[PDB]
Student: 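Right, I'll just put the structure down here and ask away after.
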Amino acid sequence: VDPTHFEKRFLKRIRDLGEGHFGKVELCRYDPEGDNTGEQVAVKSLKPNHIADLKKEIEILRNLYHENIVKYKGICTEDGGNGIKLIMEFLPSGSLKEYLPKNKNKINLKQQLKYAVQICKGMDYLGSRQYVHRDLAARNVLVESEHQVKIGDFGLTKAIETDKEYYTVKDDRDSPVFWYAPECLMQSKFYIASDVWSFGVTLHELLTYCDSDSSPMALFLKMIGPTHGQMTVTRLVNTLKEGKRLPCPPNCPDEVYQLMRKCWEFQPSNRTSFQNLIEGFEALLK
Amino acid sequence: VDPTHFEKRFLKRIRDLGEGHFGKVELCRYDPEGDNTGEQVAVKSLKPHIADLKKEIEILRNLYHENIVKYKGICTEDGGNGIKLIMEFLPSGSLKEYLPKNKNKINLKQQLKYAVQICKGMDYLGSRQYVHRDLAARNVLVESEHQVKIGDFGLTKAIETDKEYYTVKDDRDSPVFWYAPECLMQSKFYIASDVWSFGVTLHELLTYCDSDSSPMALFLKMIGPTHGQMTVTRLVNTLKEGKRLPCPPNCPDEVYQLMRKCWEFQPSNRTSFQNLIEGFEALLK
Ligand SMILES: NC(=O)c1cnc2[nH]ccc2c1N[C@@H]1[C@@H]2C[C@@H]3C[C@H]1C[C@@](O)(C3)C2
Ligand SMILES: NC(=O)c1cnc2[nH]ccc2c1N[C@@H]1[C@@H]2C[C@@H]3C[C@H]1C[C@@](O)(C3)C2
């Protein structure tokens, strides 16, 4: 037997954890003895050319090993044919989007900066492996415990070619535009520095406890206008070109906001690094 | 096992340190155990010129001096002409990065000691028949509070024996505000040309690398900020008239007079690195 081989007939759905246009994550119990004693797992599946993407995502995740990256558990391959499901460890506390609004009383600035350092460690590790994540947002950071977070979704993660600085994306319709660097929005180019920009926005969310009224979308739509439709991205690009950025969160020290601003230099080459962010946060935590 | 051969599979990128002249420098950890405990190294490679990089590698490989950044090795491609230069990593960085953060730590005496070290490293290079062509405070690395090292050799060129200079062809990205008149006017680079650049470097060191008082900003105040493609000719003209960068704040006249000797118009009349060393040492007694 293979413990990474999950048979479809024993993989039983409990409830939804979250879903996109073309993908979804469900809580499942893998219960081969059939007495409701099997382990709970998170299962990512496609909604009935994304199979290739999911298989590549699986091969990425399976080979990533870091305490701040969600753990691969296995796959469920379709008896029928081509289809596949990604099986991951289940973290009950959920993403920062779910967790932070509920745990405001026990999560102070110190712990927010420690989560920020953990995200940076996971991202630095990913970068060293020549991956660009392309979807770094609070909603994709899972809470392991009060003291530990994990990057929990790799659906858009792409490999940077050796001796190149960016990946160019063709399929870009389901893009988190309000987390995206100018080069991504303008030219569909994705550097490691593009993930740093995304980290800055993620840091803003963390600092605002993922409050919906203070979310990146809500704040950018307040700047540009909420009912521009298909012109939203171009107006966003224009607002970024002018130099406008998300404002300092309430109760955020200027030192922290300056580190955030260092993620948001218009030019990718002018932005800070994940290691320089860690150093900056660690200085504030000492 | 060759200790100067660095396997690409164990070189992990951390962050970009800087870039110049078709080259890129990155901090990497050489981490064969896969646990982030490996030694940190500075890795120079091209932005996607290999001949220039290979020549730089061979130069640095054969330089051994306490004030010259240490060559560690190379990372080479398999069945390719690709190559990366591996050097020691100095976490404090260049004077440009370090001095503004450490003014309280680094007084005049220490600045002069750094000046001597720079001169020693440059004089060693000169004795090897090389011209540096890019001596600026950004290219001087801080080993510690007590020690600096010249940290990049991207533009370094050999001067032929029985010749006093190297004639430069590729010059579009030259650091004109550090360049002697002969380099600006005739593209001729002497050892004396490096002495000129050292004087400008000293000015930076004495001003703690403040950008508002940088060589570029100061010269632009003299000649004019918006002369565009005519900047170098206006710079040459100003130099011909005898005008120079002013005395730094709190720099005594005797340090400034040593600096002025670096800036004699004719290269054959300038002070030498050994003469500078003696002059600085006299002040340090
Ligand atoms: N409690 C949970 O939600 C949860 C628990 N363990 C998990 N292991 C892998 C994913 C995952 C979870 N959810 C997913 C995660 C967070 C959020 C909602 C789901 C889809 C998303 O893209 C965005 C990634
Ligand atoms: N902390 C550092 O920056 C650093 C540390 N150790 C190093 N060993 C070799 C280069 C180097 C470093 N940086 C480079 C150096 C200084 C500056 C920025 C880089 C490119 C440059 O041309 C200009 C030479």
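Order of sequence lines = order of chain letters (A, B, ...). We're sticking with the PDB entry numbering for chain A, so the shown stretch reads 865-912, 917-1154, in order. Here chain B follows the PDB entry for its numbers: 865-912, 918-1154, in order, are the residues you see. Indexing begins at 1, ligand by ligand and atom by atom, following the structure's order. For the numbers below, each heavy atom of this structure counts, side chains included, while hydrogens, waters and symmetry mates do not. So this one's X-ray crystallography, 1.8 Å, going by the header.
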Student: Mind telling me what drug shows up at ligand 2?
Tutor: peficitinib
Student: What is the name, according to the PDB entry, of the chain making the most contacts with peficitinib (ligand 2)?
Tutor: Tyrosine-protein kinase JAK1
Student: Can you list the other chains with a non-hydrogen atom under 4.0 Å from peficitinib (ligand 2)?
Tutor: B
Student: So, 4.0 Å and heavy atoms of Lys965(B): is peficitinib (ligand 2) close enough to count as a contact?
Tutor: no
Student: Would you find the UniProt active-site residue of chain B that's nearest to peficitinib (ligand 2) and tell me the heavy-atom distance to 1 Å?
Tutor: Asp1003(B), 6 Å
Student: Any idea which UniProt domain of chain B makes up most of the interface with peficitinib (ligand 2)?
Tutor: Protein kinase 2
Student: Taking the non-hydrogen atoms of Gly884(B), is any one of them nearer than 4.0 angstrom to peficitinib (ligand 2)?
Tutor: no
Student: Report yes if some N/O of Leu959(B) lies less than 3.5 Å from some N/O of peficitinib (ligand 2); otherwise report no.
Tutor: yes
Student: Out of all atoms in peficitinib (ligand 2), which are within 4.0 Å of some heavy atom of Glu957(B)? Include the element for each.
Tutor: 6 (N), 7 (C), 8 (N)
Student: Which residues define the site around peficitinib (ligand 2) at a heavy-atom cut-off of 4.0 Å?
Tutor: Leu881(B), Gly882(B), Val889(B), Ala906(B), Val938(B), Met956(B), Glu957(B), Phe958(B), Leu959(B), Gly962(B), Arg1007(B), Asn1008(B), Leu1010(B), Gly1020(B), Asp1021(B)
